[PDB]
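Sisomicin:aminoglycoside acetyltransferase meta-AAC0020 complex.
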Amino acid sequence: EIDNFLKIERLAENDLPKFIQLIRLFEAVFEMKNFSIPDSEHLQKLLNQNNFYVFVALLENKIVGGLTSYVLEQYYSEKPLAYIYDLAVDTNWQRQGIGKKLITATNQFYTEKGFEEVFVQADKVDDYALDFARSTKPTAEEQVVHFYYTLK
Amino acid sequence: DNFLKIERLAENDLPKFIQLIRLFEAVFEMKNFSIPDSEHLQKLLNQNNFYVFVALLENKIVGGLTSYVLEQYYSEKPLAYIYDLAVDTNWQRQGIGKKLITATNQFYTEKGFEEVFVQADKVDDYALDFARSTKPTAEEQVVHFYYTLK
Ligand SMILES: CN[C@@H]1[C@@H](O)[C@@H](O[C@@H]2[C@@H](O)[C@H](O[C@H]3OC(CN)=CC[C@H]3N)[C@@H](N)C[C@H]2N)OC[C@]1(C)O
Ligand SMILES: CN[C@@H]1[C@@H](O)[C@@H](O[C@@H]2[C@@H](O)[C@H](O[C@H]3OC(CN)=CC[C@H]3N)[C@@H](N)C[C@H]2N)OC[C@]1(C)O
Ligand SMILES: [Ca+2]
Ligand SMILES: [Ca+2]
Ligand SMILES: [Ca+2]
Ligand SMILES: [Mg+2]
């Protein structure tokens, strides 16, 4: 069974090729139109940051899913928060346990680092993403409203 | 008012950062709260990805907000996440929160960011009322999930 072959890996600084592969998976799975990938100098800078962690799911050397996360150091606690910003699984591999393994590995990593909490969000209209998140034993869920300002 | 000043905190502003944290504790009615040690708070203030704005009447902090820079992989232009915003209860509904948002967006515009965002709980009418008054570009209904770690 694939469970005995799937590997979850946290990307290191030499993993720009795998990071680009995951961004391409995001482009495909989120159906991003007219996307121009940032230059590799920028993506390398991001991968080098101490507050950004990428996890990928691999079968052989093929990336079948992954997630991105940001560290938010807190002023209320000495234990940080982690914000999972994106998670996606290749459409051919969905509903096979990969997303759950990615969440498990991510939360294990941040537990070992002494973080307080990990969080992730889904759009109210995204039935697929909500059903997934509700299957990962989250501590709680809350309805929230997101506001943004597009800058000039 | 013209006496109101908006200040972006710098690395020599730990005392004002602590006053803003205490304002948060009071305005959010935070429970079972013990402030981190000042070594920790100074290290956070010194981060290149964290910016605090405060509102002052003379020496008194009457509101403020905190924000995190999120460098993107979909764009070279970054995002800013406004994490907390509060105004002292005695000074609310006098334009202070709107002035803080304006100053924050102006700052991130000058630095070439793509977008600033902020969130409110769906049950929090007061915070939803305030955010909608700041003329945001759009709003979206989302579900927030958290995992409390051992
Ligand atoms: C116009 N500027 C935009 C900016 O407002 C923001 O829009 C977000 C929107 O795409 C998100 O839904 C997409 O995102 C993902 C994961 N990446 C999965 C499903 C996708 N349909 C939504 N959850 C939050 C929205 N705020 O991010 C994109 C942007 C181009 O920067
Ligand atoms: C148990 N772990 C906790 C973690 O889940 C989280 O709880 C959040 C709670 O404070 C927030 O309430 C405050 O939000 C703010 C801004 N600070 C102003 C209005 C307040 N009502 C609520 N909006 C969302 C909750 N998830 O923060 C504390 C924690 C200890 O880390
Ligand atoms: Ca393209
Ligand atoms: Ca460039
Ligand atoms: Ca100052
Ligand atoms: Mg085209």
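The alphabet sets the chain names here, A first, running in the order the sequence lines are given. All residue numbers given for chain A refer to the PDB entry; the residues shown span 6-157 in order. Following the PDB entry, chain B residues are numbered 8-157, in order. First listed ligand is number 1; within each ligand, the first listed atom is number 1. FYI, side chains are in, hydrogens and waters are out, and symmetry mates aren't considered; it's all heavy atoms of this structure.
In this structure, every copy of sisomicin sits at ligands 1 and 2.
For sisomicin (ligand 1), the other chains with a heavy atom below 4.0 Å are labelled A, B. At a heavy-atom cut-off of 4.0 Å, the residues contacting sisomicin (ligand 1) are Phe35(A), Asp91(A), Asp128(A), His151(A), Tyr153(A), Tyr81(B), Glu121(B), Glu122(B), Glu147(B). Of the protein's heavy atoms, none falls inside 4.0 Å of atom 13 (C) of sisomicin (ligand 1). Applying the 4.0 Å criterion to heavy atoms of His151(A) picks out, from sisomicin (ligand 1), the atoms 26 (N). Of the protein's heavy atoms, none falls inside 4.0 Å of atom 7 (O) of sisomicin (ligand 1). Here the protein heavy atom with the shortest distance to atom 20 (C) of sisomicin (ligand 1) is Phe35(A) CB, 4.5 Å. When hydrogens are left out, the protein atom nearest atom 31 (O) of sisomicin (ligand 1) is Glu121(B) OE1, 3.8 Å; that is the closest non-hydrogen contact. The atoms of sisomicin (ligand 1) that sit less than 4.0 Å from any heavy atom of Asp128(A) are 12 (O), 22 (C), 23 (N). Less than 4.0 angstrom separates some heavy atom of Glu122(B) from each of these atoms of sisomicin (ligand 1): 2 (N), 3 (C), 4 (C), 5 (O).
For atom 24 (C) of sisomicin (ligand 1), a protein heavy-atom neighbour is present inside the 4.0 Å cut-off. Protein heavy atom closest to atom 26 (N) of sisomicin (ligand 1), with residue, atom name and distance, is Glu147(B) OE1, 2.6 Å. Atom 17 (N) of sisomicin (ligand 1) has its closest protein heavy atom at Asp91(A) OD1, 2.8 Å.
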